[PDB]
**Student:** 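My questions all concern the structure below.
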Amino acid sequence: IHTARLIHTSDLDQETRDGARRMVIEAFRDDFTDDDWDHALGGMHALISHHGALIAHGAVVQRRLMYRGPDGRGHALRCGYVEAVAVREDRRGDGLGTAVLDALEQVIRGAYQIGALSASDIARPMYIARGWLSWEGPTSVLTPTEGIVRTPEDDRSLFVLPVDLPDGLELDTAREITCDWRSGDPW
Amino acid sequence: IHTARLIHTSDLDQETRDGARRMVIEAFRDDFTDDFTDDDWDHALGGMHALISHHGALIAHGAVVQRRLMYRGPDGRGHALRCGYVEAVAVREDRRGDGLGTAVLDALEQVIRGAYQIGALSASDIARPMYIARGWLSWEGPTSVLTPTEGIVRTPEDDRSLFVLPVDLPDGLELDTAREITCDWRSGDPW
Ligand SMILES: CC(C)(COP(=O)(O)OP(=O)(O)OC[C@H]1O[C@@H](n2cnc3c(N)ncnc32)[C@H](O)[C@@H]1OP(=O)(O)O)[C@@H](O)C(=O)NCCC(=O)NCCS
Ligand SMILES: CC(C)(COP(=O)(O)OP(=O)(O)OC[C@H]1O[C@@H](n2cnc3c(N)ncnc32)[C@H](O)[C@@H]1OP(=O)(O)O)[C@@H](O)C(=O)NCCC(=O)NCCS
Ligand SMILES: CC(C)(COP(=O)(O)OP(=O)(O)OC[C@H]1O[C@@H](n2cnc3c(N)ncnc32)[C@H](O)[C@@H]1OP(=O)(O)O)[C@@H](O)C(=O)NCCC(=O)NCCS
Ligand SMILES: NC[C@@H]1O[C@H](O[C@H]2[C@@H](O)[C@H](O[C@@H]3[C@@H](O)[C@H](N)C[C@H](N)[C@H]3O[C@H]3O[C@H](CN)[C@@H](O)[C@H](O)[C@H]3N)O[C@@H]2CO)[C@H](N)[C@@H](O)[C@@H]1O
Ligand SMILES: NC[C@@H]1O[C@H](O[C@H]2[C@@H](O)[C@H](O[C@@H]3[C@@H](O)[C@H](N)C[C@H](N)[C@H]3O[C@H]3O[C@H](CN)[C@@H](O)[C@H](O)[C@H]3N)O[C@@H]2CO)[C@H](N)[C@@H](O)[C@@H]1O
């Protein structure tokens, strides 16, 4: 069985960051943009290498997810957001994806109030099987110039993993949920 | 001689985390209202901690957490910068003045330079000369916060407290510190 190493972005040399980026881009090839890479930087990376070649990657970066309960109170949850999860093609189906998520979920459970991610279609059963909840209500992003704006192309994609919500808060996945602002894909 | 260890929030046991919080709360003491509040501790969670311990006792702490800083340049183009935000920098009172806080900020600035486009913090009044000497820039224009119900809302209590450390600004961006700057939303003190 393989085990992922967990490394902060700042503990990654440029050679190893460039190798990770190139492995991720190839893994997403039919798609992975310059903004997509920026989104994967700043947090903890899960890495698996074999003889100096990276064969699996994932990242969890901190952001705020905003949720307003029925009673009208607002919540700005410390969110561990999962990005750039990828296994080299020739090494897929061997549990390397599971090893990446095991290490990232340890980060989420140890440090954040909620995990969240916008899953590709292929990865959906994988996350469902691990206990991630599909979000059923509308999604949105908090923009700097127009307030909260709907993001309908992301409604089907969003999964959350509530690990340490504030005392008495219970997420209703049919309500709206809002992510903080960034360039490119908000979710 | 003094070197802090870097550890992510998720690698601290609850007892070390709780000790860190108690130590930082006391460091911020000069009645029953703690100057360093529960929300203040939450803002230190989720990133990299710099720790210094001496025969088991935690004698220094600092953290850098990821946020977005929003800045609109003089050309009208908006930027959502990946920001390493510095929180809860503290040295046990009896050990101050020996380079421990310098050692904490050394480690945190390494995180910022290696991971983020910009470092930022909201400095206590008395700590401002220290940050200037380390090459942080004082922000001179108005500060604000992007709220989910109101618009961008001015935060005048934090004007003149903000410092930034621009380590990897995109392509041609050059910060003009007289313009407005805006932080993302969180509970408690936004800056
Ligand atoms: C997504 C990706 C990382 C999965 O990697 P992988 O090596 O195929 O995955 P694994 O072999 O580790 O399988 C992961 C888990 O999903 C499970 N699984 C896969 N398909 C499943 C299905 N239809 N139903 C139930 N479980 C399923 C496996 O059983 C495994 O769980 P297990 O370890 O308990 O058995 C890989 O396909 C990839 O890199 N794709 C390209 C990039 C991409 O699209 N990334 C997803 C963005 S979130
Ligand atoms: C502010 C603090 C972290 C500085 O740590 P320190 O270990 O005492 O300071 P250092 O010895 O590393 O010196 C760093 C700089 O701090 C300044 N400073 C602040 N308090 C100082 C003190 N008691 N003794 C010496 N320098 C002090 C000096 O300008 C010094 O610069 P220098 O070495 O070039 O002379 C620490 O005194 C403390 O915990 N105070 C409580 C308040 C606080 O931390 N504010 C939050 C940061 S915004
Ligand atoms: C730290 C600095 C002063 C050089 O280091 P240094 O002068 O050798 O300082 P040290 O590391 O030896 O500090 C230890 C000494 O601090 C003194 N000291 C400072 N605070 C003390 C305290 N609270 N208790 C006891 N001694 C203290 C003591 O004399 C101690 O020596 P001793 O106990 O052995 O007698 C350095 O940061 C510097 O030169 N600062 C430049 C200023 C700057 O950055 N400004 C730029 C303007 S933009
Ligand atoms: N875009 C068209 C389709 O893209 C697919 O790839 C999938 C994937 O990239 C993408 O997945 C989702 C989208 O769902 C969702 N609307 C936004 C979200 N940020 C994105 O996210 C995913 O891909 C990004 C790269 N982008 C990565 O940066 C990100 O970490 C990853 N989780 O959408 C696709 C499936 O939903 C295939 N290439 C092909 O089946 C088809 O062409
Ligand atoms: N009065 C002198 C000193 O005051 C300190 O209090 C200062 C401190 O709380 C606070 O400092 C600044 C403010 O400026 C600024 N407008 C907002 C910013 N979030 C805050 O931040 C600072 O204190 C917080 C705890 N709150 C920490 O969580 C935070 O990491 C720290 N950088 O404002 C106070 C005055 O600057 C301490 N009580 C003690 O170190 C000493 O007594």
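First the proteins, then the strands, lettered A, B, ... as listed; each starts at 1. Below, each value reflects all heavy atoms present in this structure, side chains not excepted, and no hydrogens, waters or symmetry copies. Determination method: X-ray crystallography, 2.0 Å. Indexing begins at 1, ligand by ligand and atom by atom, following the structure's order.
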**Student:** Tell me the name of the drug molecule at ligand 4.
**Tutor:** neomycin
**Student:** Of all chains near neomycin (ligand 4), which one has the greatest contact count, and what is it called in UniProt?
**Tutor:** Aminoglycoside 2'-N-acetyltransferase
**Student:** Write down the other chains that contact neomycin (ligand 4) with heavy atoms under 4.0 Å.
**Tutor:** A
**Student:** Does the protein put any heavy atom within less than 4.0 Å of atom 40 (O) of neomycin (ligand 4)?
**Tutor:** no
**Student:** Help me out - I need the UniProt domain of chain A that holds most residues contacting neomycin (ligand 4).
**Tutor:** N-acetyltransferase
**Student:** Tell me: protein heavy atom nearest atom 20 (C) of neomycin (ligand 4), and distance?
**Tutor:** A:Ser118 O, 3.8 Å
**Student:** Looking at neomycin (ligand 4), are any other ligands or ions under 4.0 Å away?
**Tutor:** ligand 1 (coenzyme A)
**Student:** Distance to 0.1 Å, residue and atom name: give those for the protein heavy atom nearest to atom 34 (C) of neomycin (ligand 4).
**Tutor:** A:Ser120 CB, 4.4 Å
**Student:** From the options A:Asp36, A:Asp155, A:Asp31, select the one whose nearest heavy atom is closest to atom 8 (C) of neomycin (ligand 4).
**Tutor:** A:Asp31
**Student:** Looking at this entry, which organism is chain A from?
**Tutor:** Mycolicibacterium smegmatis (strain ATCC 700084 / mc(2)155)
**Student:** Which of the numbered atoms in neomycin (ligand 4) are under 4.0 angstrom from any heavy atom belonging to A:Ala84?
**Tutor:** 30 (O)
**Student:** Between A:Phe28 and neomycin (ligand 4), does any nitrogen or oxygen pair lie at a separation below 3.5 Å?
**Tutor:** no
**Student:** Counting only non-hydrogen atoms of the protein, does one fall under 4.0 Å from atom 2 (C) of neomycin (ligand 4)?
**Tutor:** no
**Student:** Give me the nearest non-hydrogen protein atom to atom 27 (C) of neomycin (ligand 4) as residue plus atom name, then the distance to 0.1 Å.
**Tutor:** A:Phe32 CE1, 3.9 Å
**Student:** Enumerate the CoA-binding residues UniProt records for chain A that place a heavy atom under 4.0 Å from neomycin (ligand 4).
**Tutor:** none
**Student:** Can you sort out which atoms of neomycin (ligand 4) are near A:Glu153, meaning under 4.0 Å from one of its heavy atoms?
**Tutor:** 16 (N)
**Student:** Closer than 4.0 Å and a protein heavy atom, does any atom meet both conditions relative to atom 32 (N) of neomycin (ligand 4)?
**Tutor:** yes
**Student:** Does the N or O separation between A:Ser157 and neomycin (ligand 4) drop below 3.5 Å for any pair?
**Tutor:** no
**Student:** Which atoms from neomycin (ligand 4) have a heavy atom of A:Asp154 less than 4.0 Å away?
**Tutor:** 15 (C), 16 (N), 17 (C)
**Student:** Which of the atoms in neomycin (ligand 4), numbered in the order shown and given with their element, are less than 4.0 Å from a heavy-atom of A:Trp187?
**Tutor:** 17 (C), 18 (C), 19 (N)
**Student:** Which of the substrate-binding residues recorded by UniProt for chain A place a non-hydrogen atom closer than 4.0 Å to neomycin (ligand 4)?
**Tutor:** A:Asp31, A:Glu83, A:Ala84, A:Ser118, A:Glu153, A:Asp154
**Student:** Flag atom 25 (C) of neomycin (ligand 4) as yes if some protein heavy-atom distance to it falls below 4.0 Å, otherwise no.
**Tutor:** yes
**Student:** If you take every non-hydrogen atom within 4.0 Å of neomycin (ligand 4), which residues does that pick out?
**Tutor:** A:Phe28, A:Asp30, A:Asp31, A:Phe32, A:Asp36, A:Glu83, A:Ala84, A:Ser118, A:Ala119, A:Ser120, A:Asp121, A:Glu153, A:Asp154, A:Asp185, A:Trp187
